[PDB]
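Depicted below, imatinib in association with Ribosyldihydronicotinamide dehydrogenase [quinone].
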Protein chains: 2
Amino acid sequence: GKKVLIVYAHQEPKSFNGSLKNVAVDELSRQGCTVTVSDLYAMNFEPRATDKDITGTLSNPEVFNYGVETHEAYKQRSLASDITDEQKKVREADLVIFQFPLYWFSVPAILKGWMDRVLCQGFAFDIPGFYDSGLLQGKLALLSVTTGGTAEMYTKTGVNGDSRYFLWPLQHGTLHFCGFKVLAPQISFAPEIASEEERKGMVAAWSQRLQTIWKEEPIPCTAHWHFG
Amino acid sequence: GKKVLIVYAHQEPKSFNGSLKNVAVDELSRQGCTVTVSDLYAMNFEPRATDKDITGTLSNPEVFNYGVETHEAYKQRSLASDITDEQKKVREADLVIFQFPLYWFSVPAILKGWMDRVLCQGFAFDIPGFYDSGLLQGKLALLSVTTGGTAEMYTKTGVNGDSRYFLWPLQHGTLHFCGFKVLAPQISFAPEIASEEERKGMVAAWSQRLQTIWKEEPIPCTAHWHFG
Ligand SMILES: Cc1cc2nc3c(=O)[nH]c(=O)nc-3n(C[C@H](O)[C@H](O)[C@H](O)COP(=O)(O)OP(=O)(O)OC[C@H]3O[C@@H](n4cnc5c(N)ncnc54)[C@H](O)[C@@H]3O)c2cc1C
Ligand SMILES: Cc1cc2nc3c(=O)[nH]c(=O)nc-3n(C[C@H](O)[C@H](O)[C@H](O)COP(=O)(O)OP(=O)(O)OC[C@H]3O[C@@H](n4cnc5c(N)ncnc54)[C@H](O)[C@@H]3O)c2cc1C
Ligand SMILES: Cc1ccc(NC(=O)c2ccc(CN3CCN(C)CC3)cc2)cc1Nc1nccc(-c2cccnc2)n1
Ligand SMILES: Cc1ccc(NC(=O)c2ccc(CN3CCN(C)CC3)cc2)cc1Nc1nccc(-c2cccnc2)n1
Ligand SMILES: [Zn+2]
Ligand SMILES: [Zn+2]
């Protein structure tokens, strides 16, 4: 049996993102998958990387270095419980779906904070132990993104550039760095200026794709895939 | 006379980022510039985009859309005071420096939240009124970034890819979209594994560059500059 974690970043249950999230829960649940949703805004999830994230005594009280102290805290089981709650979900998951609207060619800050705080050294990667040897190897990840801009604006000759250009920090710099195999992204362009039937169609496309998600091959997460 | 805003995202005053920020304050202050620092962690700056950001009544209580409601709130002077405090600093600034460590090939979530919440429609851009016609036109912006990875890892043939690849969402998708002219980024690679004298040199390089920052030409912020 499979475990899926959906890390969901939208304020509004009736939003288009909310519908994409609900559809994923329904379809995966129907398949028999174990499903967990981290509804970040509902959780009032803390995005800031601060010394409050380490519940043990710091190694160095003269100079605070977030990466160093969370790495040591992870080894000593001294991380704040909101972080370790999310680590448990990720550790058990076979597939992690991120469901979010694009904010400034990236994830909303609350989701950026989940990346910053949850994927610490010792947990998600180590040195050595990143990219193909990252510590989340054997898991799948997939970005389900919605945009303001249209598909045609997100091409090589459109004002926004190819949509693969903005995926690079998330897919390569984050997911692949932690050792995930990355499934092709689901990009739902410009729902706000689409018709209600068009929105209906983009939702159904997602639901349909999920019916056979476990049969998909990951993408080659390389500079060539993104910029070639 | 010139106004500079430094949006600074580091938890530790004695950090390498803290030193780069302090050097900027000292040098710009010595030049006679008006200098403001938004020390995000010290301000406990709120990164989450929520309905609390709108202090007026929502246009639509059935379905909450953050972009729509902040755009209307901006027009009606009904945004939370932490946002409008930052908008005042940006509105008056001639140069905005972002000083931050790279987190997951991007900005720390607290700074991502300052982008998400501060640069709202009507203020930073409109439709129409983006990229070259963005509403912050006539201002300069500059990213001062520090990394874990080495310069050689951040090349086309290194594991991280060229550093220009990760700059794309920040420089093109955000700064240029709002109409900033973008100065060449300052990238201080791998201070943590550099020697103390090397760190000293990278600090002095920044200080020296700032002596003539007002004489620099902006970069062409294009797909070609980033991926060419
Ligand atoms: C801070 C910020 C930064 C942004 N940065 C960018 C950027 O860099 N690039 C870019 O392109 N865009 C950007 N945007 C735009 C953003 O990506 C979009 O507004 C977002 O993707 C839209 O998704 P949504 O879920 O909120 O849509 P919604 O507004 O919720 O969707 C539209 C309508 O569809 C309805 N709906 C819900 N479910 C269904 C259904 N099943 N069938 C039919 N209709 C349904 C909803 O109720 C809603 O009224 C930014 C927005 C913000 C606020
Ligand atoms: C969540 C997270 C995500 C990350 N993601 C990435 C990523 O995607 N890519 C990547 O490359 N890296 C990443 N990193 C690494 C991160 O970018 C670095 O740790 C950061 O850039 C280092 O800067 P710092 O200011 O914290 O250095 P510091 O640790 O503060 O600098 C090193 C030492 O220099 C000292 N110092 C201060 N001032 C001076 C001075 N004037 N002269 C000499 N020494 C001085 C400090 O006190 C310190 O002890 C990530 C880190 C975290 C926590
Ligand atoms: C919340 C919202 C909803 C939709 C959009 N839409 C677009 O940004 C957009 C802009 C121009 C067009 C061009 N189109 C030409 C034809 N006429 C009829 C419509 C306009 C289409 C979509 C933005 C937002 N808000 C928003 N907020 C912050 C940043 C951005 C953003 C940033 C970078 C690139 N694109 C958008 N966007
Ligand atoms: C807080 C910190 C400080 C430094 C680094 N350093 C590096 O990630 C790194 C990794 C490998 C090398 C290779 N080097 C080979 C030679 N031997 C001697 C040293 C290792 C250098 C730097 C990471 C972190 N933490 C951190 N936390 C989350 C994500 C990332 C991150 C993400 C993507 C790419 N690079 C780093 N990094
Ligand atoms: Zn990759
Ligand atoms: Zn540009």
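Chain letters run alphabetically, one per sequence line, in listed order. Chain A is numbered as in the PDB entry, which gives 2-229 for the residues shown. The PDB entry numbering applies to chain B: residues 2-229, in that order. Remember, it's 1-based here, ligands and their atoms both numbered in the order they're listed.
Including duplicates, the parts belonging to imatinib are ligands 3 and 4. Other chains within heavy-atom reach of imatinib (ligand 3), distance under 4.0 Å: A, B. Atom 34 (C) of imatinib (ligand 3) has as its closest protein heavy atom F178(B) CE1, 3.3 Å. Protein heavy atom at the shortest distance from atom 26 (C) of imatinib (ligand 3) is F126(B) CZ, 3.4 Å. Nearest non-hydrogen protein atom to atom 1 (C) of imatinib (ligand 3) is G68(B) CA, 3.7 Å. Heavy-atom distances between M154(A) and imatinib (ligand 3) reach below 4.0 Å in at least one pair. Counting heavy atoms closer than 4.0 Å to imatinib (ligand 3), residue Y104(A) contributes nothing at all.
Looking at atom 2 (C) of imatinib (ligand 3), its nearest protein heavy atom turns out to be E193(A) OE1, 4.3 Å. Numbered from 1 in the order shown, with element, the atoms of imatinib (ligand 3) that lie under 4.0 Å from a heavy atom of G149(A) read 4 (C), 5 (C), 6 (N), 22 (C).
Put simply, part of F106(A) is less than 4.0 Å from imatinib (ligand 3), judged by heavy atoms.
Nearest protein heavy-atom neighbour of atom 9 (C) of imatinib (ligand 3): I128(B) CD1, 4.1 Å. Contact between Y67(B) and imatinib (ligand 3) is absent, with no heavy atom of the residue lying under 4.0 Å from the ligand.
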